Peer 1: 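Looking at a complex of dicoumarol and FMN-dependent NADH:quinone oxidoreductase here.
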2 protein chains.
Amino acid sequence: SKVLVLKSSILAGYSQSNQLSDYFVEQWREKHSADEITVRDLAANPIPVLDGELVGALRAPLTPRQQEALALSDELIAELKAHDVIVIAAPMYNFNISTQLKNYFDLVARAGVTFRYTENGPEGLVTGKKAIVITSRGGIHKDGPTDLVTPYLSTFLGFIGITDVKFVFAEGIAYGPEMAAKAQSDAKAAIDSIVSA
Amino acid sequence: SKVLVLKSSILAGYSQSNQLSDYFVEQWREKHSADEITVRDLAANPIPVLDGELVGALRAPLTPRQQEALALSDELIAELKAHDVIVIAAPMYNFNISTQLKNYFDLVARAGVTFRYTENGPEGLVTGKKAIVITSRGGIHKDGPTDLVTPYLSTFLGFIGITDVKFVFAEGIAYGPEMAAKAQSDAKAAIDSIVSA
Ligand SMILES: Cc1cc2nc3c(=O)[nH]c(=O)nc-3n(C[C@H](O)[C@H](O)[C@H](O)COP(=O)(O)O)c2cc1C
Ligand SMILES: Cc1cc2nc3c(=O)[nH]c(=O)nc-3n(C[C@H](O)[C@H](O)[C@H](O)COP(=O)(O)O)c2cc1C
Ligand SMILES: O=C1Oc2ccccc2C(=O)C1C[C@H]1C(=O)Oc2ccccc2C1=O
Ligand SMILES: O=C1Oc2ccccc2C(=O)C1C[C@H]1C(=O)Oc2ccccc2C1=O
């Protein structure tokens, strides 16, 4: 199969979610060595903000920026549809995903391409995929009312067709080195049983 | 009192939430004519994305961008703390708030300035405010599991100290002109009873 890995942290080499994504990649190479792996770093290779000009590109003549945004949109969507296993690193910043991941989503959700309207409702067109979300947090939010990242990621991914999603959590990072080490260990075992299952 | 109005739509003059915000302003001038009103349009006056360079500004020597981001942060925070009634236009795009509003939040949430850590927990420092959220949506999501915007806005605002929040909804816009007119009418009556209460 082909694996797509999306990195979205702004902390580069010090990112906890990037370290876990690299672990996921190392283990998939190990266990499934015939597979291809593509990594896109949405912080090191930024997607532009969706503004009032660029929204027109996804929807007569187009401006220079509009033409670039559309070309970028078609590229991102093709890449997404060309891979089988989608890994998404989703650190929580101010109770939301990172703006780096958000901008990718805003260029990826497009009527008649990644979803469509029908009489049985709106319908996702990115089908047959398996997704794994790796979500790191400073505090402890899991299964509680301050975690809106988790259900938002299920809702958005479900909307474009990706209903098979598994979640891996690295929480309690802000409490220090030893809690961060525990988070890393626990998340890595969660990953191990996904890679082998 | 002083009213702050934050606009975040990317659709300019065709925005449903901007039309409702202008109505709110017209009626507050009408009923409370001694008050001052400040409007910031976060689409027409964009806040930059929070990246790995700018996060350093909110936290030794600082780069040129870092210095600008910090100056902008201090301005936004002072403005927020200087007003009594905070009105926030929050259109839903791809099941999230707009990136234009998000960037404002990412520059506004800052340790030791808008919140702080204590032994009774983290604690908001923007206190004594009343907030009204005007949230427009194409579909119908209210009180259901696809509305993650509403609880995310309660959580983020509560975190910086603003626990008094009222919500005004304009839903069903994508169903056409007459449903949009109904949404406008219903939201406007919601606004009328806030302005007079
Ligand atoms: C700008 C900023 C905002 C943050 N907001 C939250 C927060 O909302 N809740 C939380 O539990 N931790 C928060 N944290 C801590 C991060 O979630 C934590 O450091 C996590 O490891 C981030 O993943 P990363 O290291 O891969 O970037 C924040 C950190 C920063 C940089
Ligand atoms: C980029 C884009 C994404 C949208 N996503 C959603 C959606 O997630 N759910 C929904 O009900 N409507 C969605 N809509 C419709 C808007 O929520 C609706 O048009 C609303 O009026 C937006 O507020 P505004 O007119 O003030 O910009 C979307 C529209 C656009 C432009
Ligand atoms: O829950 C916590 O309790 C603490 C107690 C003492 C010292 C640090 C912390 C934390 O970092 C967090 C997590 C934490 C959080 O829960 O929400 C946030 C929102 C915005 C920015 C940062 C954060 C956090 O670090
Ligand atoms: O629920 C709906 O049902 C429809 C039936 C027929 C024609 C149009 C629509 C809609 O626009 C929506 C709302 C709607 C929605 O619920 O989610 C979205 C997510 C991303 C982008 C746009 C949207 C929408 O327009």
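By convention here, the chains are lettered A, B, ... following the listed order of sequence lines. Chain A residue numbers are taken from the PDB entry; in order, the displayed residues are 1-59, 63-200. To match the PDB entry, the residue numbers of chain B are left as they are there, and the shown ones run 1-59, 63-200. Remember, it's 1-based here, ligands and their atoms both numbered in the order they're listed. For this deposited structure, the header notes the method as X-ray crystallography, 2.3 Å. Hydrogens, waters and symmetry mates play no part in the numbers below; they use all other heavy atoms, side chains included.
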Peer 1: Mind telling me which chains or ligands belong to dicoumarol?
Peer 2: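 Short answer: ligands 3 and 4.
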Peer 1: Using a heavy-atom cut-off of 4.0 Å, which other chains touch dicoumarol (ligand 4)?
Peer 2: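 By heavy-atom distance, the answer is A, B.
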Peer 1: What do we get for B:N97 next to dicoumarol (ligand 4) when only non-hydrogen atoms under 4.0 Å count, side chain, backbone, both or neither?
Peer 2: side chain
Peer 1: Give me the residue, atom name and distance of the protein heavy atom closest to atom 2 (C) of dicoumarol (ligand 4).
Peer 2: B:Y178 OH, 4.0 Å
Peer 1: Output the list of atoms in dicoumarol (ligand 4) that are nearer than 4.0 Å to some heavy atom of B:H144, sorted by atom number.
Peer 2: 16 (O)
Peer 1: Could you identify the single nearest non-hydrogen protein atom to atom 11 (O) of dicoumarol (ligand 4) and state the distance to 0.1 Å?
Peer 2: B:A177 CB, 2.9 Å
Peer 1: Would you indicate which of A:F159, A:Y120, B:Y96, A:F162 comes nearest to atom 25 (O) of dicoumarol (ligand 4) when only heavy atoms are counted?
Peer 2: A:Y120
Peer 1: Number the atoms of dicoumarol (ligand 4) from 1 as they appear, then name those within less than 4.0 Å of a heavy atom of B:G142, with their elements.
Peer 2: 13 (C)
Peer 1: Only heavy atoms of A:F118, strictly under 4.0 Å: list the atoms of dicoumarol (ligand 4) that pass.
Peer 2: 21 (C)
